[PDB]
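Record below includes tazobactam (bound form).
Residue numbering for chain A follows the PDB entry, covering 26-288 in order. Order of listing sets the numbers, starting from 1, for every ligand and every atom in it. Per the header: X-ray crystallography, 2.3 Å.
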Amino acid sequence: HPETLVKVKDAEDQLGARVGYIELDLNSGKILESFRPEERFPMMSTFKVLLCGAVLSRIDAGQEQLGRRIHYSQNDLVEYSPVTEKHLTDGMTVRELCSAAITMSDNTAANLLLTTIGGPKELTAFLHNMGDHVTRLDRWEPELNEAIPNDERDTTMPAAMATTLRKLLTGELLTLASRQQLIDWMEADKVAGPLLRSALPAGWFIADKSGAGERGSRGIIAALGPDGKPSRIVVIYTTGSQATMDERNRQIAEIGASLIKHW
Ligand SMILES: *C(=O)/C=C/N[C@@H](C(=O)O)[C@](C)(Cn1ccnn1)[SH](=O)=O
């Protein structure tokens, strides 16, 4: 809606930074609203949904199992590993690692899952293979969050990320069971509370993944809709702001309130 576009531009003003925005119809793929849809932004922890999509694709092909147990050491742990830091002696299943990467944004869990598929360049190959020639991962946690201005490493465009999320959640790309598992992890997201979830009324469905990086980078990808079912994809990215985490949270929440109000 035009008034959501007014609020996206007001968010640029308040953050002193670029904001990218797209709304897709989940069913048809049609673009309902866009701002800077083909400019690049750092993905930050939003890549973790694409990573677990690549993992589920391998499970579908008989090349991985949800139940396989992985052992790791102290020296694998990076900053913010609230689940993985508790399982040094017993390890974690692939299932537990995707849950920790998506719902808790555990950084070690994402690194362990990147190891299973052969690193960032194999996530990029998975994406090329399904028709996304824009989205790219180049680095591991934590360096992929550096957000150097004009650096195209570890970036997407709002339009590319929205199309890719749609193909993962509703295509023939994953099996029915794998689609359902990916959206179930995103629905149990525990660390996106002050973003679209704070504007979302009781009775609405949301499956999302949030991201934060250096140089005021912030973002969210989501499947949401009324009556307990998703019917739209929303992608919001910003980078460059000097504003506090609270002020960046508040601007994305206000974009959310406007999207809901003018649904
Ligand atoms: C999700 O988007 C994860 C990004 N990681 C950032 C962040 O959450 O801001 C980390 C945890 C921030 N950080 C760096 C050093 N100390 N904290 S890191 O993984 O870039």
* For tazobactam (bound form), what are all the matching ligand numbers or chain letters? -> ligand 1
* Most-contacted chain near tazobactam (bound form, ligand 1) (per UniProt) -> Beta-lactamase TEM
* Asked: With a non-hydrogen cut-off of 4.0 Å, what is the binding site of tazobactam (bound form, ligand 1)?
  -> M69, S70, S130, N132, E166, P167, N170, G236, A237
* Asked: What is the nearest residue to tazobactam (bound form, ligand 1) among those UniProt marks as active site in chain A, and what is the least heavy-atom distance to 1 Å?
  -> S70, 1 Å
* Asked: Any idea which atoms of tazobactam (bound form, ligand 1) are less than 4.0 Å away from a heavy-atom of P167?
  -> 18 (S), 19 (O), 20 (O)
* Asked: Can you list the atoms of tazobactam (bound form, ligand 1) that are under 4.0 Å from a heavy atom of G236?
  -> 2 (O)
* Show which atoms of tazobactam (bound form, ligand 1) fall inside a sub-4.0 Å distance from at least one heavy-atom site of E166. => 19 (O)
* Asked: Does this PDB entry show a covalent bond joining tazobactam (bound form, ligand 1) to the macromolecule, and to which residue and atom?
  -> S70 OG
* **Distance from atom 11 (C) of tazobactam (bound form, ligand 1) to nearest protein heavy atom, with residue and atom** => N132 ND2, 3.8 Å
* Asked: What atoms of tazobactam (bound form, ligand 1) come closer than 4.0 angstrom to any heavy atom of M69?
  -> 2 (O)
* Asked: Heavy atoms of the protein only: does one fall short of 4.0 Å from atom 13 (N) of tazobactam (bound form, ligand 1)?
  -> no
* Indicate yes or no: does an N/O atom of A237 lie under 3.5 Å from an N/O atom of tazobactam (bound form, ligand 1)? => yes
* Asked: For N170 and tazobactam (bound form, ligand 1), does the shortest N/O to N/O distance drop below 3.5 Å?
  -> yes
* To do: Could you tell me the residue and atom name of the protein heavy atom closest to atom 1 (C) of tazobactam (bound form, ligand 1), and the distance to it rounded to 0.1 Å?
  => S70 OG, 1.3 Å
* Asked: Which residues carry both labels: UniProt substrate-binding in chain A, and heavy atom within 4.0 Å of tazobactam (bound form, ligand 1)?
  -> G236
* Asked: Does atom 3 (C) of tazobactam (bound form, ligand 1) have any protein heavy atom closer than 4.0 Å?
  -> yes
* **Atoms in tazobactam (bound form, ligand 1) with a heavy atom of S130 nearer than 4.0 Å** => 1 (C)
* Asked: Which residue holds the protein heavy atom closest to atom 17 (N) of tazobactam (bound form, ligand 1), what is that atom called, and what is the gap in Å?
  -> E104 OE1, 4.5 Å
